[PDB]
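Note: structure shows daclizumab engaged with Interleukin-2 receptor subunit alpha.
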Amino acid sequence: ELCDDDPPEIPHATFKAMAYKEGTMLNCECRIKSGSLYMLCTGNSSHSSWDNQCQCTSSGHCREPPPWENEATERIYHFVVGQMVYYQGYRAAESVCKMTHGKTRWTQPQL
Amino acid sequence: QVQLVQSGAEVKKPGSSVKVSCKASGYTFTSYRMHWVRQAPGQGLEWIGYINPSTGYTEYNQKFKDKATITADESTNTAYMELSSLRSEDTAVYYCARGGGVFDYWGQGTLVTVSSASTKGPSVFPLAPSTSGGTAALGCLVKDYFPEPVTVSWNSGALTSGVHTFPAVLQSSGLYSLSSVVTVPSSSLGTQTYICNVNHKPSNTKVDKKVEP
Amino acid sequence: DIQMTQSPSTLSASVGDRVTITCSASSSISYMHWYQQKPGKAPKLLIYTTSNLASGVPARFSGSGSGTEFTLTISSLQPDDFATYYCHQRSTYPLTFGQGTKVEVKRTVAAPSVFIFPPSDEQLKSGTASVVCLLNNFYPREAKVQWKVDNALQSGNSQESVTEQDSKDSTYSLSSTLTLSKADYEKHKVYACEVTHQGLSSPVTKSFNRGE
């Protein structure tokens, strides 16, 4: 349970996630120096938390964590199998990550 | 079908740097990540990291952070991996493996050997065997050479019966040594000639020693 | 880091036996993957997501498990099945592999022949001399070699070398080399190679006198 492929790109659209499945990872960037690694969503059926909070110096599902000290423009996530993301012009649509023959890929969200 | 071909073996001096290739075919290049893995002698398997040719983004593990840098280009369909400041502990076989799930398509492999020594020819000494009753043995000893490999033959590949050639062992001096042996009837030592044929390509050396009682 | 422990490390078995390897995870995991590797080749995927057979794999393979304890089986060993096996996890970073399990051919017990070699005279003008002791066509692999100099134990001067299991008679061969200098070699008379092995009722010895 860990997707290798990145989410696709539909000509004209935007994708985001709200519900993070247990497994999801984020690396803290800012600048970094502390003795830490990743932020890791962990939990049972009751609730779920984030394990390893981040600091910087000078020189079923879990919500998105509270902003820290020096975040960059973009924050990258490591998704898991099961994860779902949602996709200036009208349309007349959701991307899911699946695994069949030992192969993981995000299904093309038929817009 | 899908095939990934890697660059040849390399021998490097301590403190230097080397860059390894992996060319791809049988699929569309930018749709998949490429991973790298090394296998040290005796030791198991260890995962370095990956790259995505669409973005150029890399991820690593908390070991090879400041030791390796994955790189690629869509124009020529190849992925690269450079090693920074070489130590003897870095000696291993390096594989490129395609992403997209569980590992399935691997490359051939690339050897990187790191030591201070330089090209060196071998030195050949005989091992004398009793021409009455019982079974005897004899062989050649090949010592003080760098680097591998070296090939041994008997009487121009004429006899293969009861011939053993052992693996080379690294010495505290940092160069290589091995010995080849064969077992023969004692009633032959009178009227039979035995010659070992040692060869070393890196130095263009061809010497054949005759052994006798 | 999630690290894993395979067992056993080495398995000796016969064609037609049943086989079972085990991989122990430090934490609870969802799925386990397995590979096969032969000398000079890249790993080949064997069983994915804990039990599914890869294409080209024969019906006699399989696997099972959950939580922290996973395992793979072979119901009847064939000749092609002799190799090294690895477990693998991918539910968090970093990705980690198992240590390994080697499956060798179990044979009938065979005691070695032993042979002794004095250092060559051309070698003697170099100022350094080497002494060689040979162990011929034996099984099992467990063979202990110790050097004797006028009935005295020795240490930190010898290096042994082992061949790969002979693909035709399943035997092994070993080579223990004692390396010294010229001066200290011309100081002793009786040099002995004492060999111990299962198929030997009593430890056998080969010796020689320095001067003729």
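Numbers restart at 1 for each chain; the letters A, B, ... are given by sequence-line order, proteins then strands. Going by what the header records, the deposited coordinates were determined by X-ray crystallography, 2.9 Å.
- Copies included, the model assigns daclizumab to chains B and C.
- At a cut-off of 4.5 Å, the chain of daclizumab (chains B and C) with the most heavy-atom pairs with chain A is chain B.
- At under 4.5 Å between heavy atoms, the residues of chain A in contact with daclizumab (chains B and C) are A/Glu1, A/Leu2, A/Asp4, A/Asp5, A/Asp6, A/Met25, A/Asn27, A/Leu37, A/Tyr38, A/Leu40, A/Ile76, A/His78, A/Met99, A/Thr100, A/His101, A/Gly102, A/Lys103, A/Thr104.
- At a heavy-atom cut-off of 4.5 Å, contacts from daclizumab (chains B and C) to chain A involve B/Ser31, B/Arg33, B/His35, B/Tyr50, B/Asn52, B/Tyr57, B/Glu59, B/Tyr60, B/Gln62, B/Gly99, B/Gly100, B/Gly101, B/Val102, C/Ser30, C/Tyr31, C/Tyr48, C/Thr49, C/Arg90, C/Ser91, C/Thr92, C/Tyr93.
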